[PDB]
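Snapshot of paromomycin at 16S ribosomal RNA.
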Amino acid sequence: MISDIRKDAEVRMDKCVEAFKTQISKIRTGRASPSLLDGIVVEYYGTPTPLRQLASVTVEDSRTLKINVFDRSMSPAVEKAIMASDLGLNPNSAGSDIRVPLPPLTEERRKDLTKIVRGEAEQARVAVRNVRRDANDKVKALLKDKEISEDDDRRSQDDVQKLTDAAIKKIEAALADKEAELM
Amino acid sequence: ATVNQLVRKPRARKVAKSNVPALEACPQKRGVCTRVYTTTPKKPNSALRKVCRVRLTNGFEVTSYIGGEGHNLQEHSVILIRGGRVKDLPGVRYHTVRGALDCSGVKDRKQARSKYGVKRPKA
RNA sequence: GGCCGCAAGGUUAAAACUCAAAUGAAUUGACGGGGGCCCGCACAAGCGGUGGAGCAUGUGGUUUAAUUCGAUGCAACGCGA
RNA sequence: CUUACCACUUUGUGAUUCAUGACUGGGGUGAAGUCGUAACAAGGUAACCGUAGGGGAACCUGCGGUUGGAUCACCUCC
RNA sequence: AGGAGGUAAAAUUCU
Ligand SMILES: NC[C@@H]1O[C@H](O[C@H]2[C@@H](O)[C@H](O[C@@H]3[C@@H](O)[C@H](N)C[C@H](N)[C@H]3O[C@H]3O[C@H](CO)[C@@H](O)[C@H](O)[C@H]3N)O[C@@H]2CO)[C@H](N)[C@@H](O)[C@@H]1O
Ligand SMILES: [Mg+2]
Ligand SMILES: [Mg+2]
Ligand SMILES: [Mg+2]
Ligand SMILES: [Mg+2]
Ligand SMILES: [Mg+2]
Ligand SMILES: [Mg+2]
Ligand SMILES: [Mg+2]
Ligand SMILES: [Mg+2]
Ligand SMILES: [Mg+2]
């Protein structure tokens, strides 16, 4: 009945938002953001797996970013792994901490980059909006097969709305501070 | 063909192919690194080849190779750009000069280091 | 862009960009679900077999503290042994 | 003072030209991705040119045109 | 000794 698609609609949604958060994690703002490296493909001596399984992705300041590691025979091995990976980060081999700098918001970055997140935001909305479409298609469907009451439909067609609405609030307000990381 | 044709439409001559719009035909232009890529070379060769996209002086956004073992530069960087080309990676048409106004020269060069802007050890 | 077309499109005709080739005729082989000719237990004609069964032995894999190394279509697998 | 000339400027309306534009069309390039196999041998439905209609895609089909097209051994009859 | 007519159906791929 409605029950096991009210909860079904719900999981599909608040796991829709937790992809957005996840794909505005692979952008480069001014700020340090260690979760930038903490999702990078990297080889080392046998198998893939990110650098999570090797170094601490720490910080030095808002505009720089220390890489505390254990083992000092792969410093060039990862350096290239990082310095060829669609980011544009030249790591200094100052020794010890693979210094990766954070070059500033160049304004053609405060913008156009910003345009990307609030676009990526929008498509995350669309996915949610479409969980909506389905969720109550099931509702509407199990009505014209007399298993619901008009009332029970109506109170289920809304509330699905309540799920969309709130779920958007999460998308929108996770984007909104992420916009502060440049504005 | 006819002399009477040549007289009427005289002999054409190919013009400048120019393989390097460093606008005013200049020996080099100054520019800022838009970004600092790494891309892979053309067919028979395989590497991580270091490179940067560079707005310069005159409005042209271009893209230049940064050679030698081990360079150091980022966004902020203003480089000096000179006519160049790399046979691998066809995008290119330009080389960054090492030891011009920001990028620096190669660490620990001795052979052919005019070409990588490196002061002498201690002669 | 101009001119012509009901349209389909036609005619005149560039540029950035990219490559160190692209192309022609002939040469030698090699191939063809091209053709000719001709051989071989290659078919066909026959006789007895493997593939099933148990066991010997080899190998792959799996196992193992080790299951030593090599041989892998015909031309490795009772082969180096 | 006035008259004529006339620079600057103004209004309407066309023309022309450079830069710029959401989006979008193809094009170029980039070792090892996904589909099928269109072409080169008669490429396994000869190919290709113009044209028109189909189609995930190479393509397919009709109409004419070109050779820039491979094959005459076995049979039965004469 | 000429002509004639009939004799191979479909069957992809190889960092
Ligand atoms: N290159 C010229 C053009 O190629 C086109 O074909 C394009 C594609 O079909 C072709 O892609 C090929 C693919 O066809 C082939 N069957 C498999 C191969 N992995 C791809 O390769 C492509 O992608 C890889 C990585 O993704 C790149 O490393 C490589 O540069 C590129 N060729 O690469 C071509 C573009 O690079 C058409 N033939 C035509 O538009 C034109 O001739
Ligand atoms: Mg014999
Ligand atoms: Mg027999
Ligand atoms: Mg038997
Ligand atoms: Mg395109
Ligand atoms: Mg074929
Ligand atoms: Mg054919
Ligand atoms: Mg035809
Ligand atoms: Mg075949
Ligand atoms: Mg295939």
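A, B, ... follow the sequence lines: proteins, then strands. Residue 1 opens every chain. Partial entry shown, contacts counted within. In listed order, ligands and their atoms are each counted from 1. Below, all heavy atoms of this structure are taken into account, side chains as well, without hydrogens, waters or symmetry copies. Per the header: X-ray crystallography, 3.0 Å.
All instances of paromomycin are found at ligand 1.
Using a 4.0 Å cut-off on heavy atoms, the other chains next to paromomycin are D.
The 4.0 Å heavy-atom shell around paromomycin contains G28(D), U29(D), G30(D), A31(D), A32(D), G33(D), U34(D).
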